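The model below depicts ALK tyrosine kinase receptor holding PF-06463922.
We're sticking with the PDB entry numbering for chain A, so the shown stretch reads 1093-1135, 1144-1279, 1286-1400, in order. When the header is checked for method, it gives X-ray crystallography, 2.0 Å. Whatever order the structure lists them in is the order used to number ligands and atoms, beginning at 1. Reckoned from all heavy atoms, side chains included, excluding hydrogens, waters and symmetry mates.
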Amino acid sequence: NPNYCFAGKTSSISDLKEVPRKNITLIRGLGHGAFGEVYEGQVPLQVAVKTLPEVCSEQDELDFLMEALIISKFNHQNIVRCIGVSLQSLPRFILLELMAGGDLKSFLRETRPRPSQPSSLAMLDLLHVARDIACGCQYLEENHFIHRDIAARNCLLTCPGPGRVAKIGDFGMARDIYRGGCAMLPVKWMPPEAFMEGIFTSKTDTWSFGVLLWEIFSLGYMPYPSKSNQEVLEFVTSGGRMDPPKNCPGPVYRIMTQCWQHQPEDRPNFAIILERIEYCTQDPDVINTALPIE
Ligand SMILES: C[C@H]1Oc2cc(cnc2N)-c2c(nn(C)c2C#N)CN(C)C(=O)c2ccc(F)cc21
């Protein structure tokens, strides 16, 4: 069994909280898509159940174990909790905090202000999401964990409603690197030194967060509209940056452009990003700005 080290402390599969299988009940599917399905479950503790396909390879198995280790060792309110695992029966389960709000990309797209729901979302809602994730990112940074795929699709919300809390909910890219091809690399979330030299640092996540910010304030659009991966790659390598999302306040767009500085040393750390997000939330001109209605 493979070891895992986080914050200088080493852990193994023996450290995972094995929950007996008879205590776990699947309720409904929530989605599958990627390698494996996710169910809503009960253990009464309500959970999301990540499953390992019984038809899988050794590396799939090791990947599954590793992400169980990774998530169980984090302890922060803006990173999804692991309730436990069930690895001693098939199919194997990872049990996660149930985030009833779903993933952030879908949330933004489905909850866009609309003539029927003209006020479904406000700027403050987006700023709170941004703060939530930047807080999780700061926790990762200060523990020297590099996520490598900070993106709306990998974030979750506790609930649909106003008191929703956003958290990072997938660590599959960090897991692969810890131990995929070009076409699957998240190049649209990657800084120039990452997709060119394969160099990753805490400043890798800063760039990606800038792109997430754009995702948030665009209300769920795909980055670099109309551009393929290679076109984005060459665009960004040449100094190109995205325009402001529609109606985006200038103070918010400024955080994005600072996150997108070519030199990683010129990009803010997450403490500074949080400061600027906080300042945006205080500023009436920012938060009184109306989001577009589809
Ligand atoms: C591993 C999985 O985790 C959860 C998924 C959900 C809730 N809570 C957790 N923990 C969820 C989703 N949609 N809906 C409607 C619900 C609900 N209720 C999203 N989904 C299907 C995913 O696969 C997914 C996507 C991104 C991510 F970061 C983690 C996950």
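By minimum heavy-atom distance to 1 Å, the UniProt active-site residue of chain A closest to PF-06463922 is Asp1249, 9 Å. Entry annotation: the source organism of chain A is Homo sapiens.
If you check which protein heavy atom lies closest to atom 20 (N) of PF-06463922, you get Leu1122 O, 4.7 Å. Using a 4.0 Å heavy-atom cutoff, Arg1253 is listed among the residues neighbouring PF-06463922. Only the backbone of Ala1200 comes within 4.0 Å of PF-06463922, counting heavy atoms alone; no side-chain atom from C-beta on gets that close. Looking from atom 13 (N) of PF-06463922 to the surrounding protein, the closest heavy atom is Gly1202 CA, 3.8 Å. Chain A: most residues in contact with PF-06463922 are in UniProt domain Protein kinase. Counting heavy atoms under 4.0 Å from PF-06463922, residue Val1130 touches it through the side chain alone. Among the UniProt-annotated ATP-binding residues of chain A, those with a heavy atom closer than 4.0 Å to PF-06463922 are the following: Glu1197, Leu1198, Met1199, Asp1270. The part of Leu1256 lying near PF-06463922 is the side chain, judged by heavy-atom distances below 4.0 Å. Of the heavy atoms in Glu1197, only backbone atoms (N, CA, C, O) come closer than 4.0 Å to PF-06463922.
Close approach of PF-06463922 to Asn1254 is summarised as follows: ligand atoms under 4.0 Å from at least one heavy atom of the residue are 28 (F). Inside a 4.0 Å radius of atom 8 (N) of PF-06463922 there is at least one protein heavy atom. Under a 4.0 Å non-hydrogen cut-off, the residues that form the binding site of PF-06463922 are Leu1122, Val1130, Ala1148, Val1180, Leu1196, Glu1197, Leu1198, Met1199, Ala1200, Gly1202, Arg1253, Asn1254, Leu1256, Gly1269, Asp1270.
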